[PDB]
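Caption: tigecycline together with Flavin-dependent monooxygenase, bound form.
Chain A residue numbers are taken from the PDB entry; in order, the displayed residues are 12-245, 249-382. For this deposited structure, the header notes the method as X-ray crystallography, 2.3 Å. Every number for a ligand or one of its atoms is a count from 1 in the order of the listing. These values consider heavy atoms only, across backbone and side chains, with no hydrogens, waters or symmetry-generated copies.
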Amino acid sequence: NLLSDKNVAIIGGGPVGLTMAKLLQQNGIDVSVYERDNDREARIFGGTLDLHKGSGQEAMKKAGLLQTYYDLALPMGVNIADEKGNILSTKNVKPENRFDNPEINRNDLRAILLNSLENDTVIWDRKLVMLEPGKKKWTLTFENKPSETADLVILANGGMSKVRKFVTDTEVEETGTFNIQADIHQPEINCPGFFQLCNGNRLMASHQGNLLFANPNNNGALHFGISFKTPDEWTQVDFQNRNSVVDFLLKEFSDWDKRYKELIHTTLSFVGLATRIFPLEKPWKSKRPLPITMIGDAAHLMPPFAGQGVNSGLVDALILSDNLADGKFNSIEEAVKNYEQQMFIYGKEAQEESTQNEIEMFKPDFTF
Ligand SMILES: Cc1cc2nc3c(=O)[nH]c(=O)nc-3n(C[C@H](O)[C@H](O)[C@H](O)COP(=O)(O)OP(=O)(O)OC[C@H]3O[C@@H](n4cnc5c(N)ncnc54)[C@H](O)[C@@H]3O)c2cc1C
Ligand SMILES: C[NH+](C)c1cc(NC(=O)CNC(C)(C)C)c(O)c2c1C[C@H]1C[C@H]3[C@H]([NH+](C)C)C(O)=C(C(N)=O)C(=O)[C@@]3(O)C(O)=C1C2=O
């Protein structure tokens, strides 16, 4: 093993960093995960994730966690609707497709990963702020906590990682769209009309440049997203004030059936975020002081409009761990390089599809 008298620091305990830690730990490699979250019960905001056969599910299979993923995940139909609430198309789960890509809740996935690892693999309340290369080890700086050291740092700390300079100078870019997200609890009570329009399936509608998506059953909460081209005026809506977000959305959704408006009216709080991409446009630095790399959204953040996200990141996990597993290479450096080479190819394919589908969907006359 290349890592024999060494240790690995994974920065970030997302699904990709925790899968990374598991695939390494089952090969006897000494890894820690350093996670900003205060403790393992912190709520992860967001929709559900779906792991695909051939990618995500391969990583889970390699981890021995596939069946656990299946047990906790929920396959779902898809309804496409118009702005008037007409169902244009219903695609139900067929028994033979049940396992293709079942929806799992993000805390549920994290709990599966965390349970899979040895005790104290993950070190909570650790926010990496600085990285410094030493003689033979990285020194790792964490806000108000002891510093630590590692032979190999894997950055897994998501799309907005601030500690990427030693791998690449490339910067995150805005793509021109924007997403507003929210949860509604007791959706059967609080948005009955909309809840009944979803009728146990996911829901998508498209009208005049505004896209609505919803999953009515993320562990009992409805999660919806509203996406659109960033208005040129923007920020001129304040996501801390629910009144200004409501006003903006009721204006944009004036044309839409009352059931969708009710959705907006009953939401307590909204999260706004500009869509971003970390583009795989140019090779990463070949001159590097010590072995360091990136996986997941740290490596290839891309728009979430073709289901590309976590799966390609799980594949990074699989490919990197296989590579670091063997004496197949002469050096950690070579193992990292080979991984980075494959990831550029399937990464860039994914980003091309995200971008392309993003262009496609926000064409004024788009129809699902
Ligand atoms: C609105 C939206 C919808 C999406 N829908 C889908 C979808 O349906 N399907 C899909 O596959 N993908 C989807 N994605 C993308 C998906 O969420 C990401 O690909 C996935 O979560 C990336 O996993 P990750 O582990 O690389 O990063 P993350 O999930 O971002 O996790 C990074 C982890 O690092 C921790 N961290 C951050 N900074 C630090 C630090 N300095 N020190 C220590 N720890 C740190 C964070 O706490 C977080 O725990 C969506 C994305 C968005 C924005
Ligand atoms: C083209 N759109 C419609 C699309 C396509 C695919 N599938 C593919 O691209 C598959 N690629 C093939 C066709 C196999 C080559 C898709 O897989 C998806 C989507 C839509 C998104 C919407 C995402 C959204 N994000 C942007 C916040 C969101 O709010 C929700 C939600 N439930 O509230 C989503 O579900 C969303 O995350 C998501 O998962 C999408 C798709 O999965």
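All instances of tigecycline are found at ligand 2. Contact atoms of tigecycline toward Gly236: 29 (O), 33 (O) (distance under 4.0 Å to a heavy atom of the residue). Of the residues that UniProt lists as binding substrate in chain A, those with a heavy atom under 4.0 Å from tigecycline are: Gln192, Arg213. Polar contact check, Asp61 against tigecycline: no nitrogen or oxygen pair lies under 3.5 Å apart. Within tigecycline, counting atoms from 1 as listed, the ones closer than 4.0 Å to a heavy atom of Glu367 are 9 (O), 11 (N), 15 (C).
Within the deposited model, no covalent partner of tigecycline is present on a chain.
Distance from atom 36 (C) of tigecycline to its nearest protein heavy atom, with residue and atom name: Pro318 O, 4.3 Å. Atoms of tigecycline lying under 4.0 Å from any heavy atom of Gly321, numbered from 1 in the order shown and given with element: 16 (C), 17 (O).
Protein heavy atom in closest approach to atom 8 (C) of tigecycline: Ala320 O, 3.4 Å. Between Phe382, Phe380, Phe319, it is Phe319 that holds the heavy atom closest to atom 4 (C) of tigecycline.
Under the 4.0 angstrom criterion for non-hydrogen atoms, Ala225 is in contact with tigecycline. Here's the thing with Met375: none of its N/O atoms is less than 3.5 angstrom from an N/O atom of tigecycline. Using 4.0 Å as the cut-off, the other ligands and ions neighbouring tigecycline are ligand 1 (flavin-adenine dinucleotide). The PDB records the source of chain A as Bacteroides thetaiotaomicron. Contacts between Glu374 and tigecycline, counted as non-hydrogen atom pairs separated by less than 4.0 Å, are absent for every part of the residue. Residue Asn226 has at least one heavy-atom neighbour below 4.0 Å for each of these atoms of tigecycline: 32 (N). Of all the listed residues (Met215, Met87, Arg213, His63), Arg213 holds the heavy atom that lies closest to atom 42 (O) of tigecycline. For atom 30 (C) of tigecycline, the closest heavy atom belonging to the protein is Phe224 CB, 3.5 Å. Atoms of tigecycline lying under 4.0 Å from any heavy atom of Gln192, numbered from 1 in the order shown and given with element: 27 (C), 29 (O). For atom 13 (C) of tigecycline, the nearest protein heavy atom lies 4.0 Å or farther away. Counting heavy atoms within 4.0 Å, the binding site of tigecycline comprises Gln192, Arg213, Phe224, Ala225, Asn226, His234, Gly236, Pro318, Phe319, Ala320, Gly321, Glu367, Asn371, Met375, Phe382.
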